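The structure to be discussed contains zanamivir.
Labels below follow one simple rule: chain letters A, B, ... track the order of the sequence lines, proteins then strands, and each chain is numbered from 1. These numbers come from the heavy atoms of this one structure, side chains and all, not from hydrogens, waters or symmetry mates. When a ligand or atom number is given, it counts from 1 through the structure's own listing order.
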4 protein chains.
Amino acid sequence: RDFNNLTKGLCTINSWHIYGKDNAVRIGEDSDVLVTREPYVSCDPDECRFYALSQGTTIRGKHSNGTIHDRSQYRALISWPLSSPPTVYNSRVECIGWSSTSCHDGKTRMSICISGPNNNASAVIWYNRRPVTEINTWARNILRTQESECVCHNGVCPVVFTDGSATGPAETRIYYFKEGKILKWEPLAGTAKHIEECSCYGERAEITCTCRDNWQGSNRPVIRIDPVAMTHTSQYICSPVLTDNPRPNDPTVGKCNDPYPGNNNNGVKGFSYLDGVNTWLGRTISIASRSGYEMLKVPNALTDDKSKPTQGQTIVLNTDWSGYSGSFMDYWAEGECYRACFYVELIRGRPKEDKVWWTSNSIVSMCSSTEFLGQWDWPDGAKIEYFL
Amino acid sequence: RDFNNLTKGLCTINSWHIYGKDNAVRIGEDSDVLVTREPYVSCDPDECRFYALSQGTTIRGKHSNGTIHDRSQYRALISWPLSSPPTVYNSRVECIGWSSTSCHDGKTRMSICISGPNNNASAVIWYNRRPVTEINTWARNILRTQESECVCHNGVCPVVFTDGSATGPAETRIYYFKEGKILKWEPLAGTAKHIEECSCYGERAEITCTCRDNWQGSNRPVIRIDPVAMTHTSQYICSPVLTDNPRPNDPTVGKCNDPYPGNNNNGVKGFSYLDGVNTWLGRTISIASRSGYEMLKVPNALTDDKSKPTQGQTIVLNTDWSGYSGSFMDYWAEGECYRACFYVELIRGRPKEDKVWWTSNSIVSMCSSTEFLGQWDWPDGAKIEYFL
Amino acid sequence: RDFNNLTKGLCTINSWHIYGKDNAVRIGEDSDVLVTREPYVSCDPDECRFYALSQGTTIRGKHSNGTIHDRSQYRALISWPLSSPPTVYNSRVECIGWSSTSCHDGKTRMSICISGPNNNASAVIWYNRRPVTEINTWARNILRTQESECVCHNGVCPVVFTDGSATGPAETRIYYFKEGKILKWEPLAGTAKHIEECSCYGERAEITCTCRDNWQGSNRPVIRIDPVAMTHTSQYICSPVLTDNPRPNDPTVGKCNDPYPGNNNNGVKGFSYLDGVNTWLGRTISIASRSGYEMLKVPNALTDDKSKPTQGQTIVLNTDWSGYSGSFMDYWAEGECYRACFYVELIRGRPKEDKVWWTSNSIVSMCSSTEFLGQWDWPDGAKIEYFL
Amino acid sequence: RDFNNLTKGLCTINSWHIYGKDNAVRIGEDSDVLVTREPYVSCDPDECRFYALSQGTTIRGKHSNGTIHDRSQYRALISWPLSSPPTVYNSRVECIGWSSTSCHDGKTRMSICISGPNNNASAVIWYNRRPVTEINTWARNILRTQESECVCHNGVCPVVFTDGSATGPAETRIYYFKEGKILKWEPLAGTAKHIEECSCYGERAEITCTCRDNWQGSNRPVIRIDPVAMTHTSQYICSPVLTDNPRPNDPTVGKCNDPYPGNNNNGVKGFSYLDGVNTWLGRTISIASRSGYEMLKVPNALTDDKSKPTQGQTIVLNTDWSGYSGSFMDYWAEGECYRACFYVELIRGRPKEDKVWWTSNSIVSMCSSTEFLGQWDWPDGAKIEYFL
Ligand SMILES: *[C@@H]1O[C@H](CO)[C@@H](O[C@@H]2O[C@H](CO)[C@@H](O[C@@H]3O[C@H](CO)[C@@H](O)[C@H](O[C@H]4O[C@H](CO)[C@@H](O)[C@H](O)[C@@H]4O[C@H]4O[C@H](CO)[C@@H](O)[C@H](O)[C@@H]4O[C@H]4O[C@H](CO)[C@@H](O)[C@H](O)[C@@H]4O)[C@@H]3O)[C@H](O)[C@H]2NC(C)=O)[C@H](O)[C@H]1NC(C)=O
Ligand SMILES: *[C@@H]1O[C@H](CO)[C@@H](O[C@@H]2O[C@H](CO)[C@@H](O[C@@H]3O[C@H](CO)[C@@H](O)[C@H](O[C@H]4O[C@H](CO)[C@@H](O)[C@H](O)[C@@H]4O[C@H]4O[C@H](CO)[C@@H](O)[C@H](O)[C@@H]4O[C@H]4O[C@H](CO)[C@@H](O)[C@H](O)[C@@H]4O)[C@@H]3O)[C@H](O)[C@H]2NC(C)=O)[C@H](O)[C@H]1NC(C)=O
Ligand SMILES: *[C@@H]1O[C@H](CO)[C@@H](O[C@@H]2O[C@H](CO)[C@@H](O[C@@H]3O[C@H](CO)[C@@H](O)[C@H](O[C@H]4O[C@H](CO)[C@@H](O)[C@H](O)[C@@H]4O[C@H]4O[C@H](CO)[C@@H](O)[C@H](O)[C@@H]4O[C@H]4O[C@H](CO)[C@@H](O)[C@H](O)[C@@H]4O)[C@@H]3O)[C@H](O)[C@H]2NC(C)=O)[C@H](O)[C@H]1NC(C)=O
Ligand SMILES: *[C@@H]1O[C@H](CO)[C@@H](O[C@@H]2O[C@H](CO)[C@@H](O[C@@H]3O[C@H](CO)[C@@H](O)[C@H](O[C@H]4O[C@H](CO)[C@@H](O)[C@H](O)[C@@H]4O[C@H]4O[C@H](CO)[C@@H](O)[C@H](O)[C@@H]4O[C@H]4O[C@H](CO)[C@@H](O)[C@H](O)[C@@H]4O)[C@@H]3O)[C@H](O)[C@H]2NC(C)=O)[C@H](O)[C@H]1NC(C)=O
Ligand SMILES: CC(=O)N[C@H]1[C@H]([C@H](O)[C@H](O)CO)OC(C(=O)O)=C[C@@H]1NC(=N)N
Ligand SMILES: CC(=O)N[C@H]1[C@H]([C@H](O)[C@H](O)CO)OC(C(=O)O)=C[C@@H]1NC(=N)N
Ligand SMILES: CC(=O)N[C@H]1[C@H]([C@H](O)[C@H](O)CO)OC(C(=O)O)=C[C@@H]1NC(=N)N
Ligand SMILES: CC(=O)N[C@H]1[C@H]([C@H](O)[C@H](O)CO)OC(C(=O)O)=C[C@@H]1NC(=N)N
Ligand SMILES: *[C@@H]1O[C@H](CO)[C@@H](O)[C@H](O)[C@H]1NC(C)=O
Ligand SMILES: *[C@@H]1O[C@H](CO)[C@@H](O)[C@H](O)[C@H]1NC(C)=O
Ligand SMILES: *[C@@H]1O[C@H](CO)[C@@H](O)[C@H](O)[C@H]1NC(C)=O
Ligand SMILES: *[C@@H]1O[C@H](CO)[C@@H](O)[C@H](O)[C@H]1NC(C)=O
Ligand SMILES: *[C@@H]1O[C@H](CO)[C@@H](O)[C@H](O)[C@H]1NC(C)=O
Ligand SMILES: *[C@@H]1O[C@H](CO)[C@@H](O)[C@H](O)[C@H]1NC(C)=O
Ligand SMILES: *[C@@H]1O[C@H](CO)[C@@H](O)[C@H](O)[C@H]1NC(C)=O
Ligand SMILES: *[C@@H]1O[C@H](CO)[C@@H](O)[C@H](O)[C@H]1NC(C)=O
Ligand SMILES: [Ca+2]
Ligand SMILES: [Ca+2]
Ligand SMILES: [Ca+2]
Ligand SMILES: [Ca+2]
């Protein structure tokens, strides 16, 4: 109908309830399930779907060998029904590429896929399932984007791109699209030193993204965007509760405008909901690998450099593999407020489980509840020995 | 369009005709069929679908090993087209959980799934395919529900929940939902001592549920609900024709307000249509196991403590496995009256057929006819030896 | 919209062109294709679909063993997209049964399935995908019907049923349904001695059915129905070109009101288009088995007891297996006349190819052309050796 | 709604971006993917789909043996969702045949399939998924058509057919269809000596087709059609940049009205966009086999007999297999101009890779961009050794 506007604030998050789980690897042991990674969830006004970057082969197929690799001509952004596994027969291809983002503006959906060699990549913006705009690499070093949904307000959908070094200063740009066309783009501003894979959500006409500083920060950079004025700023989450991975152990005081040192040249896509005392951070339990997953309520984490957890919820036990995580919300649900949601990618295979030659994942997603619900852990559930 | 109202009475049931049969296990021997249990049937104004609790694996898949277990993070309520098998590719996930119920109110469908650890479970109510309300465990002992469809009248859909001991007194509540929100809830009232897995239907603005007394009764408890006043009462079916399983042999006189003794701490979900002389009871033929299935016309079974069968129909021969059974009706069919229907779960595998390591089922469903139709038996049809 | 009326006459048939072919057995050698038999084609106002009686198992599945049998609790009438194979995932179940018919009346579709033991079978009439009417066996000896589409005119859809002996006089009835309800039924009238599996079509407010006299005729009985007056009559096709199978060799003069002797207690479902000089008969090439298939133009075959072919078209070579054949037309196609069509069931497996333990089929269908098109043969295409 | 009219001109082509890729062979190694060849892409006003000629078997199925053959009764024109593989379960059959074309006129789609023996073939024209017109062979020697989409203007859709010798003069006709009926047909006019498999596109009320001279030309014939006047003419592309295969090496000067000699009795379907200086030609890199694929900007290639490349883009490396290629455009996309697109068939198996007994393909498609995007190569991606 008309363009969606971010007119509501976030609901109070007292706990998280189970939303969707596909059990892809369990089912894929004996079904035609596509090998994937970098999944996410995104909603249309009438349906919410699972999304991911396919590797162009099934798990049981011989071409699954070598799927640990990130970029190839055989990947594609695919979407499929909520909680179903990504199968060959029920998956819909959005575009061809090894990095992506996608969001509905209220009228129709925009999907962006980046493909190419490392030094000659390009993004093609699709709108209403047709290619509309193309952007060539500007720093000639792996043009990349969010790997989770973008957000729109009155037709304008900002998207964060990064091109250049992953272990040094790079060139990040914020593009403001409307109906697939570029209205404007800015270079990154603020105090963030490195930006990659931003996880965004919107409320009260403002868009907040929690990204990944791959170069030096263990605390996460944040970009706040004003989609009306088409401007932005960046900083780091102040809290000592560090959320990247790998990372040092938590200190007693954090850093607001500088990366917290400890781990270099590595990280993981993550997210957070920054809403005053209604603030929740997600993170792997392990400080060394993508293992376990928990949510921690850290009041004023964004601005308080000494803030520590007041409540928490374990999503995946530390004995189980996790991976990327990002944010999404059903902006078309009924209600007085936006219910915060998130997904966790559960990676199986290489590099950790090297008895198999593939790398894939399943998905688990939760949304917030105003009740204080009991918790359960949500592992992938596949027994790797069954694949030998 | 508008909320459905239970304005009709039941059609005269002179016999039962075949409605749907999926042959899931036969087909699943060489197809990507999901392992399930606790199935049921539910109608929307334009289509009737099969429902069940998936185990998150196919029958032929290696993860089918251990599917005898009731609760895990890999189960989900799924629905699929009438008489098709529950396949990986044609199944739609309604919600994540190991216990459920679901019903259409005329405008849209409400689905409820309960998940969690035994002592920290929670129910999340979905309406129009979006989560709306959440309820945390109140007795911290396996919060559970119907495992068959609920029923609505002018927007109000009562649902019976039980939390607490399965072998002792528990806390049963009747929740009255409207558009996924809680209007009110009551503690169980009346003479029923234990309630579990209620099978409900509605007619002339009243909802009747035939449940399971797992603790001590071999006769079934009944809950009658008034969805307008939002009140209820309970008692037991008076008839000496006992319908739980396992159970003692039929006596000459039954009990109206007390459980009929004989078997303790066990049972099976079942149902009945209580309509004066137009009363039919369903039951396993075997008094010891979930074997065989028959329908018996027992006039005034609800109030006559000496009532015995006047007519009958064998659905499944005693040499064949049966299982859960419940009620449903197409409230949107044309006609002067509601045609009574029911389904029978046909369990294959463990614990009875222990040569295989899995437990699954197929479904058979019948609806009433005013004609006196000839009978046939409807077994699962799978030869277990084919799975070794 | 409104009920369809048979207001047109048949187009001139100068030859036949290929309409649909599913190659089910070829594809089913390595795909989840259901085992079937007794297929047919039927159109809705917006789509034409393939129909058949499933055996409730795939061809490669172990339960395919024994599918030569006609009646069991595992059969169901299924429909699927034109020219696709009947797969587990794309097939829609219309009803449960081992004998059927189905037709669209312009508003919605009626499907009838008969199930039961030989001496206690029953038909349940579905309309708009809901059961509406049920009919119990009247002669207690395999209640059976058309096995191809029925035809409607202004809401009235006659259907021919037969109950009783297949090798002696039986009780045939013509039921006139409207919206799934019985308006009236008649006992068979005219000179036909035995009727089974009628293949019907309609034109200019009259319905013609070419059936099978299993008892003694090698010439086919014909039933002409007036759907307005709801009356009918029957006779045999006069032509010496015999069309049942098995059958004696063609004589020089046929029989109009008596069965032509030669073969007893056997036959095959077939059809014909009887339209004065625009008359075409279909038949197996072999007089001994269901092998080969050809169409022969035999002017005035219905009334001329000496009529012989004036033109012909080979559909399946005598070295290839054929089987049942029946008529259907797209009554909703644009145009001044109804284009005659037909399908041929291509049976593979038992009893002829006994190296395999199953029996299944694929389908080929053609429609008429006013051009004189070149001919090609259309075999099943599967190599049985590939299934050992 | 209404018939589409070719009112726009072509967008400026500065480079090509990736549009769709199905990775059919990679996925088909362990999925129910149909064996195909002769693919193409065609758009409806609301969706663009992949099309191809099925061989009626899956790649892994035993019937894939011998699929190198061109014509059989088991082929069919099938369509499926963009970038998905052609699977047994998601493919839609358009018609039965071993040669085809198809296009949407704005209101509905016309599909044409030719089937038959070499000396008695026939084309049946389908419109709105119903057969409407039939044309019998005129030269009795493999009646054949485009093997890529046709184009319409105000309801009129010209289609080029060829019947007769492939190594000598043949009879080519241009049929002008409207709603599936023949308005008129012409014999080939102009200087082209042999025409086969025309690849067409339209702009500013004119339709241009780049075909294949199988008899003697290494330069391609071109047919320009005026769909309003229903007339046409033909010539050869003047440029010395030869685009058929096999072919001699490029000369310094080409031929405008004669075939350029060098290779006899062979070729490959190809295409070009002829638009003054905005002219791009596609061709295999290899002059000997269907290997590699590149696009070359050759200003005024159609009329300048000395024109040479000014820019280029490699699509498939010469070390990778290619095959047929053709044109298509989304005439229903928003915008001021028509964005040129094309597809490349990537043949795997026989005759080049003879370790397997089958022949199939996958598809890659690109559309033009006004940006100068970086290039990447797009191979099939399957490792043949995995099929042994
Ligand atoms: C029924 O359901 C309800 C709902 O779930 C259950 O109640 C919930 O129970 C939770 C578990 O106790 C409880 O969560 C905890 O809440 C406290 C705040 O009250 C929070 O501090 C906890 O978080 C710390 O502890 C966990 C381990 O338990 C750590 O993994 C987590 O990261 C937090 O500790 C780490 O970070 C802190 C901040 O920097 C450090 O101070 C601390 O030393 C520790 O640091 C180390 O570990 C880090 C991670 O490995 C590492 O990075 C760092 O470098 C150090 O090495 C936790 O969230 C819920 O609040 C509670 N919910 C409610 C409503 O009550 C109930 O029990 C269930 N019933 C039953 C029977 O189970
Ligand atoms: C063509 O089709 C028609 C339609 O189906 C056929 O006619 C039908 O035929 C049915 C079979 O005879 C007939 O059903 C029977 O009807 C009588 C009432 O008239 C009913 O009592 C029968 O039910 C008892 O018998 C069956 C065994 O046959 C038991 O399984 C059942 O539970 C009933 O008996 C048990 O419960 C009773 C009540 O307490 C006890 O009195 C009795 O002793 C017995 O108890 C033991 O068994 C129990 C179960 O194991 C156990 O719990 C208990 O503790 C004891 O150990 C049955 O329903 C239909 O009424 C009839 N329909 C019509 C319209 O006529 C026709 O025959 C078909 N034609 C052909 C050739 O087959
Ligand atoms: C390009 O395409 C066109 C279009 O197809 C081709 O032209 C067509 O060619 C057809 C083949 O010649 C031709 O069909 C024939 O037409 C004649 C009438 O003109 C018709 O009689 C033929 O039918 C008899 O013959 C076939 C065997 O060829 C039999 O199978 C068939 O049943 C008919 O014969 C049997 O029945 C008769 C009637 O009772 C008996 O008189 C006769 O003896 C025979 O009886 C025995 O066989 C029976 C079946 O086994 C058995 O029951 C009985 O008891 C006896 O044992 C046939 O239809 C088309 O008419 C013609 N079409 C046109 C428009 O011209 C053209 O050739 C193609 N080009 C090339 C190069 O192939
Ligand atoms: C990042 O991305 C951009 C965009 O892709 C990259 O820039 C592009 O780079 C391309 C590669 O250099 C460049 O394409 C070339 O452009 C020139 C015109 O400037 C064009 O002539 C080239 O085409 C010839 O060369 C290729 C081999 O490289 C041949 O395969 C091709 O057919 C052309 O040569 C043949 O035909 C000519 C005409 O007849 C003959 O003169 C010539 O001798 C040769 O003939 C032989 O080969 C034929 C084919 O086998 C055979 O039939 C014949 O008989 C003879 O045997 C080519 O298209 C793009 O123009 C350029 N794009 C832009 C916007 O700049 C950039 O490099 C990327 N960055 C990095 C680091 O890679
Ligand atoms: C464009 C690209 O390849 N992005 C990478 C990403 C990247 O390596 C880091 O952010 C550092 O630059 O890391 C990872 C990762 O698992 O850490 C997966 C992403 N894979 C894919 N998006 N395909
Ligand atoms: C919540 C739960 O696990 N319910 C159980 C149910 C339960 O054990 C009895 O009612 C006694 O409490 O029994 C059975 C059963 O087969 O008897 C299956 C149900 N399984 C599932 N709903 N998953
Ligand atoms: C109801 C029934 O079983 N009908 C039979 C039919 C029947 O045997 C003859 O007409 C003689 O009565 O023959 C055959 C047959 O192949 O000849 C298949 C049918 N199979 C099925 N409809 N399932
Ligand atoms: C009708 C027909 O069979 N056309 C052939 C085509 C033909 O051989 C040449 O154009 C010369 O006539 O060549 C080829 C080919 O790969 O070269 C495939 C086509 N295959 C199919 N369309 N099925
Ligand atoms: C969003 O706001 C604009 C005006 O700012 C309005 O045109 C549009 O309709 C609004 N969207 C919705 C969904 O109401
Ligand atoms: C996978 O590929 C590697 C590298 O090509 C090879 O060594 C290994 O054996 C392969 N594993 C399997 C299961 O094919
Ligand atoms: C149900 O009853 C209410 C009034 O009690 C009415 O608003 C509603 O439309 C009725 N439902 C239907 C389907 O007529
Ligand atoms: C199933 O699992 C059990 C317990 O882990 C094991 O003993 C058994 O061998 C397994 N059966 C199969 C067929 O894998
Ligand atoms: C069929 O005829 C009846 C009147 O005899 C009419 O009501 C109906 O609309 C007609 N059907 C169509 C499709 O026109
Ligand atoms: C099929 O079943 C028969 C009879 O039960 C048996 O003899 C035969 O061996 C079976 N064939 C196969 C392939 O299982
Ligand atoms: C195409 O042109 C004709 C008149 O020449 C017009 O009737 C038709 O509507 C036009 N098509 C569109 C899509 O506007
Ligand atoms: C394929 O068929 C040929 C010819 O019939 C035969 O020689 C060859 O062995 C077959 N190949 C396979 C893999 O079946
Ligand atoms: Ca980092
Ligand atoms: Ca009990
Ligand atoms: Ca006969
Ligand atoms: Ca050539």
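Across the structure, zanamivir can be traced to ligands 5, 6, 7 and 8. Counting heavy-atom pairs under 4.5 Å, the chain with the largest count for zanamivir (ligand 7) is, by its name in the PDB entry, neuraminidase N9. The other chains with any non-hydrogen atom less than 4.0 Å from zanamivir (ligand 7) are C. Close contacts of zanamivir (ligand 7) with C:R290, meaning ligand atoms under 4.0 Å from a residue heavy atom, involve 15 (C), 16 (O), 17 (O).
When only interatomic distances are considered, the shortest N/O to N/O separation between C:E147 and zanamivir (ligand 7) falls below 3.5 Å. Per UniProt, the substrate-binding residues of chain C include some within 4.0 Å of zanamivir (ligand 7) by heavy atom, namely C:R37, C:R71, C:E196, C:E197, C:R212, C:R290.
Using a 4.0 Å cut-off to heavy atoms of C:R75, the atoms of zanamivir (ligand 7) that qualify are 23 (N). For atom 10 (O) of zanamivir (ligand 7), a protein non-hydrogen atom is found at a distance below 4.0 Å. The nearest protein atom to atom 2 (C) of zanamivir (ligand 7), hydrogens excluded, is given as C:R71 NE, 4.2 Å; this is a heavy-atom distance. Using 4.0 Å as the threshold, C:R37 has a heavy atom nearer than that to some atom of zanamivir (ligand 7). The residues of other chains having a heavy atom under 4.0 Å from zanamivir (ligand 7) are listed as C:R37, C:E38, C:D70, C:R71, C:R75, C:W98, C:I142, C:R144, C:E147, C:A166, C:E196, C:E197, C:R212, C:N214, C:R290, C:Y324.
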